[PDB]
Engineer: 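Just passing along the structure, written as structure tokens.
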Amino acid sequence: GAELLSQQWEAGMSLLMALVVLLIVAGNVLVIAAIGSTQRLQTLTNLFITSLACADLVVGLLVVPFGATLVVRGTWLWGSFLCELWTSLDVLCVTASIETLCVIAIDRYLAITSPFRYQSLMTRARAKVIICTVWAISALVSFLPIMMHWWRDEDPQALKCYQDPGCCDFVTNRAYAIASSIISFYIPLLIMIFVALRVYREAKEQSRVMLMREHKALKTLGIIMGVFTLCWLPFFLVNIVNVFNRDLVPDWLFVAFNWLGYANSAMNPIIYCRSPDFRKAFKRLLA
Ligand SMILES: COc1ccccc1OCCNC[C@H](O)COc1cccc2[nH]c3ccccc3c12
Ligand code: NA
């Protein structure tokens, strides 16, 4: 009865979760194998795309599976330490993603306003240093505050969760909710939007078939940026609203918005099918 409902729901939800995991992983392996085996896809810009695929891969392999076992079994099975590690990895991947999108926007702005300065300034070795720098900064603002417990609240319902090994709710104090949201998300979001609008203005101020092909590619990048925003902004708006008033937004919708964020990790591989070169490498690799 209660037990039959539980069996039906657990089995259906395990299946949906396996699908999501599979889509995230297969799609981002494909992006990475495509770029890694197609000389024509090995541009500097695509080094940043690979990094973005690595963040989404880590969400497919680690973040979503743990989150799935929690949603399905209705308890955390893995101990306190893995709860904190899982949370740190979650925060890391969102931070690395939006910082990397920001870099991509800046790379394109430079290329479109100073193609020659771009040429002498930007090399493989420098792109790699930029990628490492993004992951370094992202790890810094993710792991250390979570591992030093700067996020913990003193409310008794929070302390209840922190003491129960089967609770892995990321219940935070307000200061951390604000500061961490601004540092990991809002600041790079704003930078990315400001730069992406400038790139649009510059594109509008611009042989003909080659200019077309570039503009198709710029719009692809513009779409991954806009869809990332659409997928995560609702979550981070509710995160701030909750600080000021917990009743304005029902909890089920806050949770749904987190899952929409996770869903973003399956979207870029599909969006890259707008490109002939990606489409051809995908077809070939699936052989
Ligand atoms: C809504 O909770 C969940 C329910 C079921 C399964 C997984 C769930 O996710 C719990 C962890 N999700 C974290 C979110 O997936 C990512 O949240 C963040 C990413 C980057 C910086 C951040 N700064 C912050 C301050 C407060 C809350 C979140 C963040 C945060
Ligand atoms: Na706990």
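We're sticking with the PDB entry numbering for chain A, so the shown stretch reads 32-237, 278-358, in order. Remember, it's 1-based here, ligands and their atoms both numbered in the order they're listed. Just so it is clear, the values below take in all heavy atoms, side chains as well, and ignore hydrogens, waters and symmetry mates. According to its header, the structure was obtained by X-ray crystallography, 2.3 Å.
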Engineer: Which compound, drug or drug candidate, is present at ligand 1?
Structural biologist: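 The drug there is carvedilol.
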Engineer: Could you tell me the main partner of carvedilol here, using whatever name the PDB entry has for it?
Structural biologist: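 Chief contact partner: beta-1 adrenergic receptor.
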Engineer: Find the transmembrane segments of chain A near carvedilol, meaning a heavy atom under 4.0 Å, and number them from the N terminus as in UniProt.
Structural biologist: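 In UniProt numbering, the segments with a heavy atom under the cut-off are 3, 5, 6, 7.
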Engineer: Which of the cyanopindolol-binding residues recorded by UniProt for chain A place a non-hydrogen atom closer than 4.0 Å to carvedilol?
Structural biologist: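 Checking heavy atoms, the UniProt cyanopindolol residues near carvedilol are: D121, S211, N329.
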Engineer: Is there any N or O on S215 that sits under 3.5 Å from an N or O of carvedilol?
Structural biologist: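 So carvedilol has no N or O lying under 3.5 Å from an N or O of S215.
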Engineer: Where does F328 meet carvedilol, judged by heavy-atom distances below 4.0 Å: at the side chain, the backbone, both, or neither?
Structural biologist: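 No part of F328 comes within reach of carvedilol.
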Engineer: Have a look at carvedilol and work out which part of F216, if any, has a heavy atom under 4.0 Å from it: side chain, backbone, both or neither.
Structural biologist: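 None of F216 does.
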Engineer: Please determine whether any non-hydrogen atom of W117 lies less than 4.0 Å from an atom of carvedilol.
Structural biologist: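 Distance cut 4.0 Å: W117 passes for carvedilol.
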Engineer: Where's the contact between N310 and carvedilol, heavy-atom distance under 4.0 Å: side chain, backbone, both or neither?
Structural biologist: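 Side chain only.
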Engineer: I'd like to know the organism the PDB gives for chain A, please.
Structural biologist: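 The deposit lists Meleagris gallopavo.
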Engineer: Given that the side chain starts at C-beta and the backbone is N, CA, C, O, which of these parts of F306 lies under 4.0 Å from carvedilol, counting heavy atoms, or is it both or neither?
Structural biologist: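 It is the side chain that touches carvedilol; the backbone stays farther off.
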Engineer: Run the contact test for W303 against carvedilol with a 4.0 Å cut-off on heavy atoms, strictly below, and give the result.
Structural biologist: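 Distance cut 4.0 Å: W303 passes for carvedilol.
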Engineer: With the threshold set at under 4.0 angstrom, would you say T118 reaches carvedilol through any of its heavy atoms?
Structural biologist: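 Contact check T118 vs carvedilol: negative.
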Engineer: Looking at carvedilol, would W182 count as a contact under a 4.0 Å heavy-atom criterion?
Structural biologist: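 Distance cut 4.0 Å: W182 fails for carvedilol.
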Engineer: Write out the residues of other chains lying under 4.0 Å from carvedilol, heavy atoms counted.
Structural biologist: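 The heavy-atom contacts are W117, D121, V122, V125, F201, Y207, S211, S215, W303, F306, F307, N310, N329, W330, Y333.
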